[PDB]
Participant: 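This structure shows halofuginone in complex with prolyl-TRNA synthetase.
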Amino acid sequence: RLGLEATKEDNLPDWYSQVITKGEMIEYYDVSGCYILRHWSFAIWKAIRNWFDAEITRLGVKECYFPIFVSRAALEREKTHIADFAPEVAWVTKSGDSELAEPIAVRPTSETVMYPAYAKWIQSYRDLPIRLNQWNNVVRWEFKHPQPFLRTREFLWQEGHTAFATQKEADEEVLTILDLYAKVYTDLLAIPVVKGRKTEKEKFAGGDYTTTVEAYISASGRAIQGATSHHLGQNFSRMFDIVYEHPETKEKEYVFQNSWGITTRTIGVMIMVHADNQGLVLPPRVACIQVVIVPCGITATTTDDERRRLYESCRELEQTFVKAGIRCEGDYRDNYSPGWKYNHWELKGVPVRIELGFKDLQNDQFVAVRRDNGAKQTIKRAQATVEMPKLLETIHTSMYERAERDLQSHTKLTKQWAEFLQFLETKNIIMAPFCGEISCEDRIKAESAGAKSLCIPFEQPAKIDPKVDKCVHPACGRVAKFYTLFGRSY
Amino acid sequence: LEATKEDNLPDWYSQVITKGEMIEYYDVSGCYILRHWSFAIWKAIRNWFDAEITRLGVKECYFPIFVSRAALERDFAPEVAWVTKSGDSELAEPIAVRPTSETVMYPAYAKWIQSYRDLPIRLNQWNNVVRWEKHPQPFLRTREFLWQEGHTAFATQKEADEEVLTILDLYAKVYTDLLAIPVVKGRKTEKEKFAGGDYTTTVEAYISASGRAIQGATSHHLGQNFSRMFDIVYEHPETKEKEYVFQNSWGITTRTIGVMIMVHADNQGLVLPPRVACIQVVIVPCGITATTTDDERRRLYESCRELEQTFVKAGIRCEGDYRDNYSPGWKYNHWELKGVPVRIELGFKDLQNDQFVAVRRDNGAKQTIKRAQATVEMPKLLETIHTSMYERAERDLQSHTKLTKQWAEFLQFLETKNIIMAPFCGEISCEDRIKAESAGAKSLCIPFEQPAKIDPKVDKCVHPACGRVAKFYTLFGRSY
Ligand SMILES: O=C(C[C@H]1NCCC[C@@H]1O)Cn1cnc2cc(Br)c(Cl)cc2c1=O
Ligand SMILES: O=C(C[C@H]1NCCC[C@@H]1O)Cn1cnc2cc(Br)c(Cl)cc2c1=O
Ligand SMILES: [Cl-]
Ligand SMILES: [Cl-]
Ligand SMILES: [Cl-]
Ligand SMILES: [Zn+2]
Ligand SMILES: [Zn+2]
């Protein structure tokens, strides 16, 4: 029965709403900007969270929890960014019917609370480094048009905050966290990305520099930051008097800080990239169910003893899949036809469906069907334990390389501004030589109406030969500092 | 440690949670920073329970932190935090920070249950709620706190009842098997039960320093009350009479940690139950004789590293302390304060005789183990520690639960700092009079394991103003 009524290419938003609802991944909510994560998508987040947490604790980071409320003073004292952020802050100002003396803010991030804590907690050189992480929820009252995973007012993330004695420690951590974020996207979500440094405009305002992983959703034609990992350097230490006495040098020494974060926006990217016109398509490594066994060949008058015999062999296959470490469940609901179940689990996006009927068990075998391809492969029951991991391996690769192919089909390089704007009009992203200065990024953005910097990619396409190369914008005559990636932004 | 449990309980509690690196104070009242050392106790409880209820068929989801006014108001009302402005721009309708999630998840349950085919719904959340509720205290009276709230809907009341009991069994197992704290399973009286429910089961535990009892977790049977409120119904297949589902909800909060502090922490700081301690064993290398020798520094640190490595690989959570800028005794006191179940003192004579001394945080008892037997004695040891803690608490609690049918000794026992099983009518009127004329004592639970069977030919409720035949024996005490 249930099915997608729209298509990715013609009506992307209604397609997206149909895939997150009929994929049982989201329920809408009477508070705007906020969405119910039903269990089918929360398991995606749970896999991402668990994987990344295991990584950063193996690294020596530790898990903590600061309160959801922040003082007006914690917030505004020594402002990180008066910026244009203060409007986006959710303010509690009444208990029941009693208004409170000073109002308290729901956290948008925890710098202004965790940095005073670090100032207390570091009274000597011996107390360093501090590597603390929280898995928490934040609220940003963002005046834009909201969407389930991509622009939400409350969302889950993890924020890691770190303080070291040396800048070398801090630099290397920034890159180790970025490698793990990159792994979240490629190895778990089968999504390709570009590692880079934000330009001076797009960097976190308070940081020394800001690294990032950036991805592209081509169906929409827009690019999106997938995760970031900042090097604050000494800015916040000097702000918050996070100091120790140098063991040799008698003089006060400020610590070197990093912060890094990744949000549930990841899941939205996963949809936009991998979900097709029949519904969701889950990367095998985050799917709550990797393999679903639908017992087939049950007619309106299949008998309870026949039904039970088949159900029982299905549970035995499901069990030897669990014991092989792969996440398999069987669907034994009696008020649903085999075909109804095929369509159900297709909408839900399970990498593999197993059709096992009476004719299959009589030949001691089964059929496996890929959610991405529709490709069917008959496996002898014996080879199950060895064939099914290969398959799930294969499925990931196909999902990934397909996605990367699309990304490379939507990355065009030019040194000429006209070819830049042609490429941008044709719905893709452009590596071009950029002076790096903020004014020129502004002129570029205005004059593509718009196109923002994405990152200065780590893998540069070529080294700028200064005898020739000038920044792609004709109004600045600055020689090109590097290749930068520009595109229309989310 | 500067104060003591026996004489000044509150400032002892404050010194135990501060010098234990568990809590950092915060400029919003009611709210406290869970540092990593206490957050790990929560994480152990969280993971143990989540695995259990996941094995049971419950599934994890996450609903928003915000409820807007309409969702909510469909009697606690003073205690609700209201967002009403973004920045300096006032918002049209104000939204409440969730204090519990019934008013949000139950409309969703009505929308998602379009047929009988859709049952049961078994969903759990690990989330933060705020109830702007006195004189606050870090794990016992917090305005923002962590918990898990699970909400479930079935077709029959039998499923729902049996689940209530299974979850209560799991909470008691949290308290006894993980936190080594004894508890009593029971039913709240109609006065103390969850207002919207049919009934409320509970586990209660005893803190002897205070002489007071505290509710450790709950598991409610909402019956058909909330289904009827929010129209969670299905078509009866036979005659299509709208049928209301039977609902339960259950919860457990970070109050556990506070209970575990107050039950088990002594005058030297925390002492963590082995099954929740982030570090079960900490290795302190001894005898570094301050530049008496330097090459040996790495040699000793290295033998400590292979012992820690074989403890990890044996499944024992062991970390070693190889920091050079701290006195050995400083490390002893540090890990005593933080409550690490076992300290290993390992020196040069120890490494030369192929052994180590492990000393229990609860006992102070010292026991020298040959490295050969290490992987085998150390699990036993930690098993041994848990039992001694639990039985210790058990001893204490049962030396302080008194049975009576007479109000005079009820009120004497209540002066002597313990909790009383007495015959009770069950009425709300009479419970109110009991608390008022005991100043004060509330019902705790009607225990499942009853002390003797009520003979209605004689037994009357212990309060002299109600002459009702006693409905049952219940447990009363002074409580948080
Ligand atoms: O949130 C950040 C910076 C970093 N915080 C720690 C986790 C990783 C993260 O990149 C950027 N940022 C973004 N949005 C914000 C919104 C508001 Br409102 C405020 Cl006050 C502040 C901020 C703000 O600082
Ligand atoms: O929160 C509860 C009832 C149950 N909710 C689901 C998880 C288990 C839990 O016992 C009781 N309770 C307690 N304190 C409250 C405080 C406020 Br404020 C509000 Cl609005 C409501 C409540 C409220 O309903
Ligand atoms: Cl977001
Ligand atoms: Cl930013
Ligand atoms: Cl509490
Ligand atoms: Zn330029
Ligand atoms: Zn009575």
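Throughout, protein chains are lettered first and strands after them, A, B, ... in sequence-line order, and every chain is numbered starting at 1. Atoms within each ligand, like the ligands themselves, are counted from 1 in listed order. Header lists the method as X-ray crystallography, 2.6 Å. Scope of the values below: all heavy atoms of this structure, side chains included, with no hydrogens, waters or symmetry mates.
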Participant: What is the full set of ligands or chains that belong to halofuginone?
Facilitator: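 That would be ligands 1 and 2.
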Participant: Give the letters of all other chains that come under 4.0 Å from halofuginone (ligand 1) at a heavy atom.
Facilitator: A
Participant: Just to be sure I'm reading this right: ignoring hydrogens, which of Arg140(A), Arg107(A), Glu111(A) gets closest to atom 1 (O) of halofuginone (ligand 1)? Compare them by their nearest heavy atoms.
Facilitator: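 Nearest option to atom 1 (O) of halofuginone (ligand 1), by heavy atoms: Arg140(A).
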Participant: Which other ions or ligands have atoms closer than 4.0 Å to any atom of halofuginone (ligand 1)?
Facilitator: ligand 4 (chloride ion)
Participant: Could you tell me, atom by atom, which parts of halofuginone (ligand 1) come under 4.0 Å of a heavy atom of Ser259(A)?
Facilitator: 4 (C), 6 (C)
Participant: In terms of atom number and element, which parts of halofuginone (ligand 1) are under 4.0 angstrom from non-hydrogen atoms of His161(A)?
Facilitator: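 So the atoms of halofuginone (ligand 1) that pass are 6 (C).
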Participant: Could you check whether any heavy atom of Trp141(A) sits closer than 4.0 Å to an atom of halofuginone (ligand 1), since that is the contact criterion I want to use?
Facilitator: no
Participant: Hey, which organism does the entry list as the source of chain A?
Facilitator: Anopheles culicifacies
Participant: Is halofuginone (ligand 1) under 4.0 Å from a heavy atom in the side chain of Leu75(A), in the backbone, in both, or in neither?
Facilitator: neither
Participant: Any idea which atoms of halofuginone (ligand 1) are less than 4.0 Å away from a heavy-atom of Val89(A)?
Facilitator: 18 (Br)
Participant: Around halofuginone (ligand 1), which residues have heavy atoms within 4.0 Å?
Facilitator: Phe85(A), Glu88(A), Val89(A), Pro108(A), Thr109(A), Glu111(A), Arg140(A), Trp157(A), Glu159(A), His161(A), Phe204(A), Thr228(A), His230(A), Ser259(A), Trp260(A), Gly261(A)
